[PDB]
S.K.: 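Consider the following structure, which includes vemurafenib.
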Amino acid sequence: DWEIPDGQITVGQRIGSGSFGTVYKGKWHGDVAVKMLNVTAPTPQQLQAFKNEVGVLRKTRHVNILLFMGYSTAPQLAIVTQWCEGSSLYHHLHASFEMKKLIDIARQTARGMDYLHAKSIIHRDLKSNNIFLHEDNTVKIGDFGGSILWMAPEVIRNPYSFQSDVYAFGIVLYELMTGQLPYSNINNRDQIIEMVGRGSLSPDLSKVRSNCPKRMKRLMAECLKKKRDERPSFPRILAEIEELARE
Ligand SMILES: CCCS(=O)(=O)Nc1ccc(F)c(C(=O)c2c[nH]c3ncc(-c4ccc(Cl)cc4)cc23)c1F
């Protein structure tokens, strides 16, 4: 069992919030990250609901997948993981790399994503802010345990699939290769939701830089396919990036 008894974790600085819960930095045999679930008091039925989600995190052992370390039931429900120094991929790309590094970041993410799907785990919300650059070198994918820019057309209108995860990866590719989010010119949610859902809108690939491996863009566009079944699986995506990487 991976339950961490009450009192063992010293919760510190509040880092940020989300629909799910609040993230703090903590102390448990060194630095940890504690996600306080937005649940004052847990019902026995909520308790099982929690265990089921932990049982899914329980089967993630990979260097590119955020390290799940433990879970709390008291005081309140919480997920304990490793502490990632630096910032999210979002903060680097948009808030504050060499083309080689960009590929590496893109490469590690595929490793993590392929591992997850091999474990038959659909992230369901892959985006640059759920990708943490620990030490600014290693990629840590979390929050698989709002943002519509990474949502596949079939998701907007078995909606959630490995293939919709692939699309979210394509957008991530777009972030890396352009250094900016899709539909930046169009700052209207309902507009993007309406236009991408019907197939009239797609990321502008004229933004990618010349110094972008044009083996990538083919792959990017392959993952950004409007049609679900026209997308390559992650094994393919991994092999591809790995093969176009050797250079
Ligand atoms: C392992 C899978 C468990 S999950 O429930 O699916 N995901 C899951 C579960 C618990 C979490 F605490 C977190 C999480 O958020 C973080 C874990 N370590 C971190 N280190 C730094 C930052 C950070 C620091 C500073 C800025 Cl500015 C931004 C982020 C954020 C986190 C998480 F993503």
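For this chain, numbers begin at 1 and follow the sequence in order. Order of appearance sets the numbers: ligands from 1, and atoms from 1 within every ligand. Going by what the header records, the deposited coordinates were determined by X-ray crystallography, 2.5 Å. Keep in mind that the numbers below use all heavy atoms, side chains included, and drop hydrogens, waters and symmetry copies.
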S.K.: Counting heavy-atom pairs within 4.5 Å, which chain has the most contacts with vemurafenib, and what does the PDB entry call it?
M.R.: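 It is bound most extensively to AKAP9-BRAF fusion protein.
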S.K.: Which residues form the binding site of vemurafenib when counting heavy atoms under 4.0 Å?
M.R.: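 Counting heavy atoms, it is made of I15, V23, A33, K35, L57, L66, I79, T81, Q82, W83, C84, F132, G142, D143, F144, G145.
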S.K.: Can you tell me which residue and heavy atom of the protein come closest to atom 23 (C) of vemurafenib, and the distance to 0.1 Å?
M.R.: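 Among all protein heavy atoms, the one nearest atom 23 (C) of vemurafenib is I15 CG2, 4.1 Å.
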S.K.: How close does the nearest protein non-hydrogen atom get to atom 18 (N) of vemurafenib, and which residue and atom is it?
M.R.: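 The closest one turns out to be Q82 O, 2.9 Å.
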S.K.: Hey, is vemurafenib close enough to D143 that some N/O pair sits below 3.5 Å?
M.R.: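 Right, the criterion is met.
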S.K.: Does atom 27 (Cl) of vemurafenib have a protein non-hydrogen atom under 4.0 Å from it?
M.R.: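 So atom 27 (Cl) of vemurafenib lacks protein heavy-atom neighbours under 4.0 Å.
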S.K.: Between vemurafenib and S88, is the shortest N or O to N or O distance under 3.5 Å?
M.R.: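 So vemurafenib has no N or O lying under 3.5 Å from an N or O of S88.
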S.K.: Ignoring angles and geometry beyond distance, decide whether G145 reaches within less than 3.5 Å of vemurafenib through its nitrogen or oxygen atoms.
M.R.: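 Between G145 and vemurafenib, an N or O pair is found under 3.5 Å apart.
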S.K.: Considering only the protein, which heavy-atom contact is closest to atom 17 (C) of vemurafenib, and what is its distance?
M.R.: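 Here the closest protein heavy atom is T81 OG1, 3.1 Å.
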S.K.: Is there at least one pair of N or O atoms, one from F68 and one from vemurafenib, spaced under 3.5 Å apart?
M.R.: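 No.
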S.K.: Quick one: look up the protein heavy atom nearest atom 20 (N) of vemurafenib and list residue, atom name and how far away it is.
M.R.: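 Answer for atom 20 (N) of vemurafenib: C84 N, 3.0 Å.
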S.K.: How close does the nearest protein non-hydrogen atom get to atom 3 (C) of vemurafenib, and which residue and atom is it?
M.R.: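 So the nearest neighbour among protein heavy atoms is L57 CD2, 3.5 Å.
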S.K.: Return the residue, atom name and 0.1 Å-rounded distance of the protein heavy atom closest to atom 30 (C) of vemurafenib.
M.R.: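 Sorting protein heavy atoms by distance from atom 30 (C) of vemurafenib puts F132 CE2, 3.9 Å first.
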S.K.: Look at atom 32 (C) of vemurafenib and say which protein heavy atom is nearest, naming residue and atom and giving the distance to 0.1 Å.
M.R.: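 Protein heavy atom at minimum distance: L66 CD2, 3.5 Å.
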S.K.: What residue and atom, counting heavy atoms only, is the protein's closest point to atom 5 (O) of vemurafenib, and at what distance?
M.R.: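 For atom 5 (O) of vemurafenib, the nearest protein heavy atom comes out as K35 NZ, 3.8 Å.
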